[PDB]
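Overview of a structure with cetuximab.
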Amino acid sequence: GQXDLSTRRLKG
Amino acid sequence: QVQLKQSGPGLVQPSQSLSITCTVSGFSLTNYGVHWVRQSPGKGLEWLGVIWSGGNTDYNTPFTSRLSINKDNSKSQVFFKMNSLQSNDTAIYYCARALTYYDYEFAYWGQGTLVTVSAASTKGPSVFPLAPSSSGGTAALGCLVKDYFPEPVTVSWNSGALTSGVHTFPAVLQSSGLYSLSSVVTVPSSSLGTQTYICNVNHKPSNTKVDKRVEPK
Amino acid sequence: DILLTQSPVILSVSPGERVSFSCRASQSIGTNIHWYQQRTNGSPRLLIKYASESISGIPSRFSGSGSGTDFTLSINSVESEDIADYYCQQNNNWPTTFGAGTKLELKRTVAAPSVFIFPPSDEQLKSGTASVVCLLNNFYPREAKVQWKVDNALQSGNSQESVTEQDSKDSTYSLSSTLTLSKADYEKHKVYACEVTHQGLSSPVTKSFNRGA
């Protein structure tokens, strides 16, 4: 549901 | 065509300011406004502000105090500055242009500037080879980009000519506070004798630019 | 501000299937809504402007509908290249706000991983550290277990995994597990094994090497 800086993808 | 290219990724110490330059091409800053959007873990996509064709600026309510946007039309440059950053200001900052000069449907984006807010020091990585040895004519090889800060780091293979079979894993934060990632590629075993395999590592925050030749041990 | 609620959080479909994205606004915003696609390490890509209007260079399988508070983005025949996050943006009220997004995963047949183990380079050993890497390449689904053993001793707490997003072509994942030891520890042992458990494997696959050869 949160945005991950390491992939520019949503993770959790 | 239309392009927006931002300045390189940066580290900002707590309570200090962030500065980003958005250089545009394919259109004139006199005919279009440039918006600034950031993407953070805790707030996702967030509209920060805009500088219009005529020079006026609007800033989103939470940033009216520390946000400042300027531009140089002749140099096709827009200057983003935000003050007194904290940890939750760590995000990817984009400059963007809409379809029309007055609107907000962002059809053109910058590549994004990853901003890390940390008191830690910049640290260039070490690049180590992941050497193949002795899968049905397919050999895997790669590079280990270890112990760097902050993010990001770019990895390509053979100056961009090799993209098929490439996997660049997301960086993991080690207990030492430094990042580390690997980049792998699968190639025919028979090509390992007549082909050179180089990973092009570039850690812009530290000006570390390394080419690592990866051979069978 | 206007709160945009996207639903669901994660969508998982098969290629060729239909898929719709929900974006609900905290109040009526008419048709003033734009949709965005964002691939891994990419910037947002404008898909639809004003709920339903087409965008240049966007495949015809992308379309949007809705008005008031309930809006829909649809892909009639989804493809592997559509693996991304999808955001909606409203601009009927200042300031323009974005939704939280919907992740689009793609189902595909089970693929067993290709496993490769990499010893630490002699270059890194000079730094006083040994990194052993095990590569799980092109597999599906995402669930996988990596078990490290050093002279038949189960390793725990001294490894870290990293998993790629879904590949835009074959929709597979790849995983890297890095075992990290001190050089003194690494030189005190011989057999370094990586056991991989995955649904596509009838039995665990173990790649290993002996320090030296």
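Labels below follow one simple rule: chain letters A, B, ... track the order of the sequence lines, proteins then strands, and each chain is numbered from 1. Heads up, header says this was done by X-ray crystallography, 2.5 Å.
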Practice problem: Report all copies of cetuximab by ligand number or chain letter. | Solution: chains B and C
Quiz item: Which residues would you count as binding cetuximab (chains B and C), with heavy atoms within 4.5 Å?
Solution: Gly1(A), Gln2(A), Unk3(A), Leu5(A), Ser6(A), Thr7(A), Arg8(A), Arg9(A), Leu10(A), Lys11(A)
